[PDB]
J.: 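Before anything else, here's the structure in question.
Simply put, chain letters go A, B, ... down the sequence lines. The numbering of chain A matches the PDB entry: 13-126, in order. We're sticking with the PDB entry numbering for chain B, so the shown stretch reads 13-127, in order. Sequence positions for chain C are given in the PDB entry numbering; the residues included correspond to 13-127, in order. Using the numbering of the PDB entry, the residues shown for chain D are 13-126, in order. Whatever order the structure lists them in is the order used to number ligands and atoms, beginning at 1.
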Amino acid sequence: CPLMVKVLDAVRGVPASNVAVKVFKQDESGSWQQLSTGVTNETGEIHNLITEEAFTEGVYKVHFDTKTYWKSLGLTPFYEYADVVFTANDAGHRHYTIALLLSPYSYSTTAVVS
Amino acid sequence: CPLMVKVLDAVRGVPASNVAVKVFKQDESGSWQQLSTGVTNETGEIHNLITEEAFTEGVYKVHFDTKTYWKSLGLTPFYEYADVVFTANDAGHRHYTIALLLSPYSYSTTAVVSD
Amino acid sequence: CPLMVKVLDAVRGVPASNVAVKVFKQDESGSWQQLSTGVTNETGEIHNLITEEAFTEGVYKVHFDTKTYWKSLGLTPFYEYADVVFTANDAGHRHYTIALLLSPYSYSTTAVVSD
Amino acid sequence: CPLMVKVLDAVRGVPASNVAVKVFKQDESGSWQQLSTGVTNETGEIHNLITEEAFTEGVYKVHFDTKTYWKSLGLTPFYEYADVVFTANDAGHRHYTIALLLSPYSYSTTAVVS
Ligand SMILES: N[C@@H](Cc1cc(I)c(Oc2cc(I)c(O)c(I)c2)c(I)c1)C(=O)O
Ligand SMILES: N[C@@H](Cc1cc(I)c(Oc2cc(I)c(O)c(I)c2)c(I)c1)C(=O)O
């Protein structure tokens, strides 16, 4: 799995489950094309988010619906969502983890590339 | 000033100056209309980004060109940029600060909302 | 003011007011000598924590009582407190801001150093 | 393993290896007693950091020597180290992960409790 996510809830101290995620890749044109969609599991992760074959060199957007997550907890969210945008495999085929830490009025993201 | 930014550099321990910022408001179609531009100053801030008159209820995107910032320092950035998207002024007029902390492979953002 | 703090609440989107802060300096023995105290104000800051005269070269601990803060809000905190420890003024006199972002099960701290 | 760590390098996008870690528990007296020491591996983790038997209810300090880590990379560190202090098992025996994200002038820590 060359593209992984790990989402954590900074308020409750647990992984953030049921967070809807979409993966897009930017066109030759420059438009975003949706490649996959999934929902985080109990460990805040998504298995098989993208195949090695579909995950080619280019610019990617990983979109997290953080707003619905906080509404499901009865907390007021500030952000509409969190998008993370990066170039992948520009200098070779690697594995990427997009880590995302959530609070109602803050989020942090870090990329681990191997 | 109802919309403020504060940008910090976690590698150097200084405010991130000369970061290009753009502010957009989503129209009903879903497209983004640019309403502001600026570049952070030596304290990582931008004065007079938008007026109260322009800053009406809606969905906003604050776009930070973090890639150009790190490249100017000779560092290899991971992200293309950082966008921060939120609904504003939907429960009355408020003031907002979008704070952004930058490292080449990480960023954090926090919102402070006051009345 | 050579030592400033800025404390924010990531749950509520407001500065974290009424947070008790203490500043210590390590002596040669390794024990900690208290030099300052304060409580954050409505913007999450403390004025006049220490003077330039007192703030000499050494190792400092800035101690934030984050547990009392979250308990006052009815929230269950994980940490007993947050300490931030660093060497100051070892390459000349500088000014420091210790920024601290709080959630019940997480915190982030960033230092801004100027001359 | 009831007490785990996960340390990441926000500058390089890799787990932070070779970070020295000490685990202390506070005395009845109130003094810190060292229970264990280890060093993060290539995935930023430490196996067998503490046994289930030694990890009893009380107040813990997990100490990370972040200063030597940044010096090993040739970057100037601001902090002397990062200490994370918390009560464990006050309401039952659980597993704890202390996650720690490092930059030369910033760090973030989050606790995941299961
Ligand atoms: N166990 C799996 C999944 C996993 C990946 C990461 I990357 C991680 O590390 C962090 C650190 C911080 I600080 C965060 O705020 C967040 I979100 C994730 C953690 I815990 C777990 C693995 O090792 O691949
Ligand atoms: N002096 C001005 C500007 C200012 C706002 C904030 I909001 C702030 O706080 C943080 C805290 C953390 I942690 C960050 O990573 C970042 I970026 C900013 C700081 I320092 C300064 C004011 O009070 O409005």
J.: Report the name of the drug found at ligand 2, as recorded in the PDB.
T.: L-thyroxine
J.: Name the main binding partner of L-thyroxine (ligand 2) here according to the PDB entry.
T.: TTR ancestor
J.: Can you point out the other chains with any heavy atom under 4.0 Å from L-thyroxine (ligand 2), by letter?
T.: B, C
J.: Provide the binding site of L-thyroxine (ligand 2) at 4.0 Å, counting non-hydrogen atoms only.
T.: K18(B), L20(B), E57(B), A111(B), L112(B), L113(B), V124(B), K18(C), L20(C), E57(C), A111(C), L113(C)
J.: Considering only the protein, which heavy-atom contact is closest to atom 11 (C) of L-thyroxine (ligand 2), and what is its distance?
T.: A111(C) CB, 3.6 Å
J.: Any idea what organism the entry names for chain B?
T.: unidentified
J.: Considering both backbone and side-chain atoms of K18(C), is one of its nitrogen or oxygen atoms within less than 3.5 Å of a nitrogen or oxygen in L-thyroxine (ligand 2)?
T.: yes
J.: Look at atom 15 (O) of L-thyroxine (ligand 2) and say which protein heavy atom is nearest, naming residue and atom and giving the distance to 0.1 Å.
T.: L113(B) CB, 3.6 Å
J.: Against heavy atoms of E57(C), which atoms of L-thyroxine (ligand 2) measure under 4.0 Å?
T.: 23 (O)
J.: Verify the contact flag for atom 24 (O) of L-thyroxine (ligand 2), where contact means a protein heavy atom under 4.0 Å away.
T.: no
J.: Looking at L112(B), which atoms of L-thyroxine (ligand 2) are within less than 4.0 Å of one of its heavy atoms?
T.: 17 (I)
J.: Around atom 14 (C) of L-thyroxine (ligand 2), find the nearest protein heavy atom and jot down its residue, atom name and distance.
T.: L20(B) CD1, 4.0 Å
